[PDB]
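Here, triclosan is shown bound to enoyl-acyl carrier reductase.
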Amino acid sequence: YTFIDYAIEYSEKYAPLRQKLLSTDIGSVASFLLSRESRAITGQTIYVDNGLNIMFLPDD
Amino acid sequence: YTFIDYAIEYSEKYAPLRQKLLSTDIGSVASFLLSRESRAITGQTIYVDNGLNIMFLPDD
Amino acid sequence: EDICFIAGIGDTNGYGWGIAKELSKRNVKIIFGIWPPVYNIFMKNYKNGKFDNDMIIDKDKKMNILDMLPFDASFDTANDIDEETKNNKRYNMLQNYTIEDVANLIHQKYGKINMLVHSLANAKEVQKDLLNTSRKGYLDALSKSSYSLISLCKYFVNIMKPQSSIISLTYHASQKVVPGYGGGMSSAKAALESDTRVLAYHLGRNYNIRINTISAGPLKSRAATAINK
Amino acid sequence: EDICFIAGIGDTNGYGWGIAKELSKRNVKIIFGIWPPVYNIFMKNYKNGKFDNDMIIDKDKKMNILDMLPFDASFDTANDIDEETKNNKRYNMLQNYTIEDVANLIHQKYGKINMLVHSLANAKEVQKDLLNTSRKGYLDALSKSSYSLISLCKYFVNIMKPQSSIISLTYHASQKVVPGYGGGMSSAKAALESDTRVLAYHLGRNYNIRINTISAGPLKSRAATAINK
Ligand SMILES: NC(=O)c1ccc[n+]([C@@H]2O[C@H](COP(=O)([O-])OP(=O)(O)OC[C@H]3O[C@@H](n4cnc5c(N)ncnc54)[C@H](O)[C@@H]3O)[C@@H](O)[C@H]2O)c1
Ligand SMILES: NC(=O)c1ccc[n+]([C@@H]2O[C@H](COP(=O)([O-])OP(=O)(O)OC[C@H]3O[C@@H](n4cnc5c(N)ncnc54)[C@H](O)[C@@H]3O)[C@@H](O)[C@H]2O)c1
Ligand SMILES: Oc1cc(Cl)ccc1Oc1ccc(Cl)cc1Cl
Ligand SMILES: Oc1cc(Cl)ccc1Oc1ccc(Cl)cc1Cl
């Protein structure tokens, strides 16, 4: 039932944090990386995915 | 001449960002990860090292 | 005075909007870069109040948009515009939408900025799997979704202040295989992440500017809906 | 009201202090966990106003310290402490310094907290390269530098509010080799980073708590000097 609906359902079930990922969750992180609060961070790939990326084998 | 002096000197000459790394540079990033502004980040290893880690071969 | 240019807004359902929403919470002036094809429809919706509710900031304020400009990431300079699009229905009544042009346009009207957001991507053959993607489709994905970041930095660094920051969005498909994410998008994202490192070096050493990329999770955005798989 | 417990502060030259300093900017109450061997010396300098200049927070703010408790990361419960350290010159006059006791102590005096910082590490054989580190030395480094995080989490998760966050500090020597970082510290950091992922799963699914680790660059802290290489 469409690629995005599968990914979203999968994320909400297996990610360490079972909560809905809002566009503003990425926004606040973007906000931090764009400010001088993060002057020592560069050339990095920061994951903002409720931690899904750390999983290998899902529970189910 | 002591491990730390070498590490600091090497970082200040080869890192993408040539500036002294302050304890408060890590502090502010630490402050951001502990607040709700990063509700979607978990299980990650965030690099706060002026980008040294991304380098493979030093210039000179 | 912080000014942020966000390239890649077509509505209020994408990440571009989420980023603009959070930035204005901190009082940063926002300039939108809208893909020509949907620029008019966007202005129409904005003008008729369709986005009024989406512009309300938590702290009980109005999101403040400094300007909204047509912008196409597939054209670096004025002479890169082909005659077919040059006379396209949606481009005719528009001008100065190349990367260098909006850079000059913004600089001419608002001075130097200190925040840049690359929030766009595209791929002619995203519906086909990597193996069946043509050379043209593959290069189109990398041109629009990857090189566009490099060109943005190259032209905008001139109108940016030291210590300014640049971000882009990527997806885990670059590191691990997710079937359905085809047309060379996985390839483009893998290049985006690598280039981010290399650019961090050049921008860091030469201008003291930072650049990072955010690997986001799934969000039912317009583009996301277009991935039939 | 935000309450953060920082474990691993022996002076104002480390990362624990920089973290405390930045946290106070946001008005979060700070509770210090001090290793017994240096507890008295820290209190002495503090009371005699040796850190007065270091507690100044730009905006003419004074870093507000809620409490300062003796804390030893190698002891989980009160009956884990051996007779020797129990009667040692530096410990005799102190009490409730095990991980479990400080958790009950903090919860008893301030209730639930919502921020936990693990800023400690130790290894008896840090001066020897990995190959020449003994089993005892190796296990010592992992017990003090890695397990201490799992234990902090086990006992503190009971005095933490949902959505609270936890962080620890690591170093790149876990992923790429740097000679000099011996005694199994590279090993300890590798474990810590891996455990951060596993704990993120358990803590996330059960308590809705987050945990991340910061890989910091070189800082001339007291402990950094101990790495005779
Ligand atoms: N939605 C997700 O689940 C998801 C996940 C991870 C990463 N991302 C990334 O987020 C970024 C934004 O995507 P979104 O998902 O919010 O979708 P979105 O559809 O709202 O935004 C993408 C925008 O790019 C613009 N675009 C296409 N070709 C262009 C061109 N030549 N010049 C300028 N603009 C052009 C479109 O008008 C569109 O608004 C993309 O880089 C995407 O890869 C998204
Ligand atoms: N300084 C750096 O260059 C550097 C770089 C990357 C990561 N780190 C990490 O930062 C963290 C803090 O180190 P720092 O470098 O700021 O040094 P630091 O010496 O100021 O802090 C370490 C503290 O741990 C305490 N300690 C040792 N054993 C303990 C125990 N059993 N119980 C409780 N406390 C104990 C010490 O009193 C000391 O204050 C460590 O985890 C370290 O690995 C430091
Ligand atoms: O990168 C993405 C990742 C996910 Cl899970 C969902 C949508 C994404 O965004 C795109 C995918 C394909 C094309 Cl052609 C354009 C865009 Cl913006
Ligand atoms: O992890 C570190 C990395 C660097 Cl570059 C410098 C200091 C570090 O901190 C330590 C090293 C060894 C021991 Cl025994 C205890 C601590 Cl706190």
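Lettering of chains proceeds alphabetically from A, tracking the sequence lines in order. Note that chain A is numbered according to the PDB entry, with residues 366-425 shown in order. What you see of chain B is 366-425, where the numbers are those given in the PDB entry. In chain C, numbers come from the PDB entry; the residues present are 97-325, in order. Shown for chain D, in order and in the PDB entry numbering: 97-325. Recorded method for this deposit: X-ray crystallography, 2.4 Å. In each ligand, atom 1 is the first atom listed, and ligand 1 is the first ligand listed. Quick note: numbers below take in every heavy atom, side chains included, and nothing from hydrogens, waters or symmetry partners.
Within the model, the positions assigned to triclosan, copies included, correspond to ligands 3 and 4. Other chains whose heavy atoms approach triclosan (ligand 4) within less than 4.0 Å: B, D. By chain and number, the binding site of triclosan (ligand 4) at a non-hydrogen cut-off of 4.0 Å is B:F368, D:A217, D:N218, D:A219, D:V222, D:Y267, D:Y277, D:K285, D:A319, D:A320, D:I323. Entry annotation: the source organism of chain D is Plasmodium falciparum. Of all protein heavy atoms, the one closest to atom 14 (Cl) of triclosan (ligand 4) is D:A219 N, 3.2 Å. Among protein heavy atoms, atom 3 (C) of triclosan (ligand 4) sits closest to D:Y277 CE1, 3.4 Å. Nearest protein heavy-atom neighbour of atom 9 (O) of triclosan (ligand 4): D:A319 CB, 4.5 Å.
Lab note - chain B listed in the entry as enoyl-acyl carrier reductase. Protein heavy atom at the shortest distance from atom 15 (C) of triclosan (ligand 4) is D:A217 O, 3.3 Å.
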Sub-3.5 Å pairs, protein N or O with triclosan (ligand 4) N or O:
{"unit_1": "triclosan (ligand 4)", "atom_1": "1 (O)", "unit_2": "D:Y277", "atom_2": "OH", "d": "2.6"}

